[PDB]
Structures are given as C-alpha cells and as structure tokens.
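Snapshot of imatinib at Homo sapiens v-kit Hardy-Zuckerman 4 feline sarcoma viral oncogene homolog.
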Amino acid sequence: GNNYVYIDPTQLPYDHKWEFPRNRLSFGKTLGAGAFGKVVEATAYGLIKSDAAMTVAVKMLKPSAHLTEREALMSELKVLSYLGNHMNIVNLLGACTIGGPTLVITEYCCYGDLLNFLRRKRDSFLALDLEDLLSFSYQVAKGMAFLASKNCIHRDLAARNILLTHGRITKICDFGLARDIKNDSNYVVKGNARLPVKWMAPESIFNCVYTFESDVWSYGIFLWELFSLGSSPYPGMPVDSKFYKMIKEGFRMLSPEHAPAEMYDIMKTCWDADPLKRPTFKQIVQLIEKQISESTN
Ligand SMILES: Cc1ccc(NC(=O)c2ccc(CN3CCN(C)CC3)cc2)cc1Nc1nccc(-c2cccnc2)n1
C-alpha cells in the first residue's frame, strides 16, 4: 500500500519457464476484443498434465498491433507472473512470446465475465441470492487486498473486469488491450483518453492520480453494480459537465434495493471524497466476513 513506489514492469524480467509450445494451442471463440488485442477461448495440450487437453483463455495481439502494444502485453505478463497464482485473481499458465504472435495464457473461467453473469441471473434473484452477492463482494475485496499487498493498483476495477469460475469463485482480471473501449459507453472521452469515469475517484478524474485509495473508490462502485445486479452506475446521470460538478459537490448513489445496510455503509465510505477516510481492502475483507457470517442460517 505504498503510494510512493510502483512496480515498473519493464524492469520485471520475463521468466522463460512460462514459455509454452504454440502448436499445442487450439484457438476457439472470441471472449473479448479491443483495437490491438483480443482474448480467445482455447485448448492447451500438456500445459499442466502431459496427455491432457485443458481449456484456457489466451490474450493475443492482433496482426495490426505495434511494438508499444507488444511491450504492454509483455508487461502485463510480467505483472501476472510477479503477482503469482491466487484463488481470487486470474491465474497465469504460460505464454508464447516467440515464433509467432505474442500470446498470454491463463485459466478459463467457466461462468465468464461477472457483469454479464449478474445481468443474466438478475431474474433468478441455481438461483442467485444474497449470500452469492456477499461472497462476490468478499472475494473481490480479498483479491484486491492481495493486489494492494503486492503494491499494485488495478485502475479499472469494475464488474466487467471480474470473472467467475467453478464453485462461484471470482477472479480479478483486466481486459486491457482486449476491451473495445471505443464502443463501450462506460468509457467516456475525457481529454485525450477514454476513461471509466463513473468508476473513478475524484482525484483520478481531476488530478490523473491512481492510488490504492482510488481502487477502493472503484470497489464501492463495483459493490453498487453488484447489489444492483449489473445495473450501470449513476442511473439517469450521463457523464458531462454536470456530472463532474455533482461528484465534486458530494453527490453519491443511493443504496441498491438488494444491498444490506452494512454493504451500503461500505460503499459510502469507499466514496469518501477524502482518500484518507476510505477503508482499505484489508478492512473491507473483515467487514464482509462478518456480514457473511451474520447472513447465514
Ligand atoms: C488471457 C489473459 C491474459 C492476461 C490477463 N491479465 C489479467 O487479467 C490481469 C489482471 C490483473 C493485473 C494487474 N494490473 C496491475 C497494474 N494495473 C494498472 C493493471 C492491472 C494485470 C493483468 C487475463 C487473461 N485472461 C482473461 N482475460 C479476459 C477474459 C478472460 C475470460 C473470459 C471468459 C472466460 N474465461 C476467461 N480471461
């Protein structure tokens, strides 16, 4: 959680142990695509077990991507390697960096992206219930606490960047190059960038600073998305001059109908204008642990 240092991924070395024979990959359907990159479902052979086919996700540069994007993908690969493999973050499995297009291989998450999952399961609210939502809030906070412990900042925390897999385990991801931010209305032009403004802390919007605390703000917005079962934040409030003024003034979202009081309390603290008053992910983990225990029986 040291806001005075950061991990420069170009200084991270690429561990050759990750290198995987690209001829042992069989590419499938597109899971996401941006301008210079895409994620596809694929099959990997002898990736973990010698004579076993396993489904994976593969992030690749399109032929139309430049060195800048290859560097970014390599940096992302090194960051994932640095983070290591954890229950609540997407797991790196390998890479193909030579002899073809640069590819990064991770686990495949059988329930796909959490935002789509919530939207699909909105009616079922097997069925989705409160404890599922609490579990997702807990696991995302847990994963983010780990990221912060590694002195890493997400910068785009949102339901769309969470995946869901076996046993309803969430995995923090970052589509990065592989999201079409040009045609995603959740990304708004601000200056010479398309930014996830509705998820962003005021200090990020106005001063372009991202911190452990701005990730916590985004987590608050995520909680809102979660307990609204995938609704877009600030309903009936398009990102314009009024929006910026209102956020600066102190306008905040009301509680989702399905949020327990303490979960909304967390949201409100995450959206404190003062970053120093926001909870840490470590704190949030404890709070949600308690709520989950209380919400059982
Ligand atoms: C194939 C791949 C390659 C790279 C990544 N990388 C990440 O998921 C990731 C997560 C966190 C960080 C940490 N990082 C720290 C610094 N900041 C600024 C950015 C975030 C970096 C990369 C994921 C994947 N996996 C991936 N990506 C998108 C979708 C899917 C997917 C979709 C549907 C079903 N199963 C899997 N799977």
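Chain A is numbered as in the PDB entry; shown residues: 565-689, 762-933, in order. In what follows, every heavy atom counts, from backbone to side chain, and hydrogens, waters and symmetry copies are set aside. Indexing begins at 1, ligand by ligand and atom by atom, following the structure's order. Heads up, header says this was done by X-ray crystallography, 1.6 Å.
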Original post:
Which ligands, or which chains, stand for imatinib?
Top reply: ligand 1
Original post:
Can you check whether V668 has an N/O within less than 3.5 Å of an N/O in imatinib (ligand 1)?
Top reply: no
Original post:
Taking heavy atoms and a distance under 4.0 Å, where does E640 meet imatinib (ligand 1): side chain, backbone, both or neither?
Top reply: side chain
**OP:** Flag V603 as yes when one of its N or O atoms lies below 3.5 Å from any N or O atom of imatinib (ligand 1), and as no otherwise.
**Re:** no
Subject >> Entry organism field for chain A >> reply: Homo sapiens
Original post:
Can you find an N or O of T670 that's nearer than 3.5 Å to an N or O of imatinib (ligand 1)?
Top reply: yes
Subject >> Shortest reach to atom 19 (C) of imatinib (ligand 1) by a heavy atom, considering only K642, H790, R791 >> reply: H790
Original post:
Which bit of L799 is near imatinib (ligand 1), meaning a heavy atom under 4.0 Å away: side chain, backbone, both or neither?
Top reply: side chain
Subject >> Heavy-atom contacts of imatinib (ligand 1) within 4.0 Å >> reply: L595, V603, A621, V622, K623, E640, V643, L644, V654, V668, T670, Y672, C673, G676, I789, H790, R791, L799, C809, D810, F811
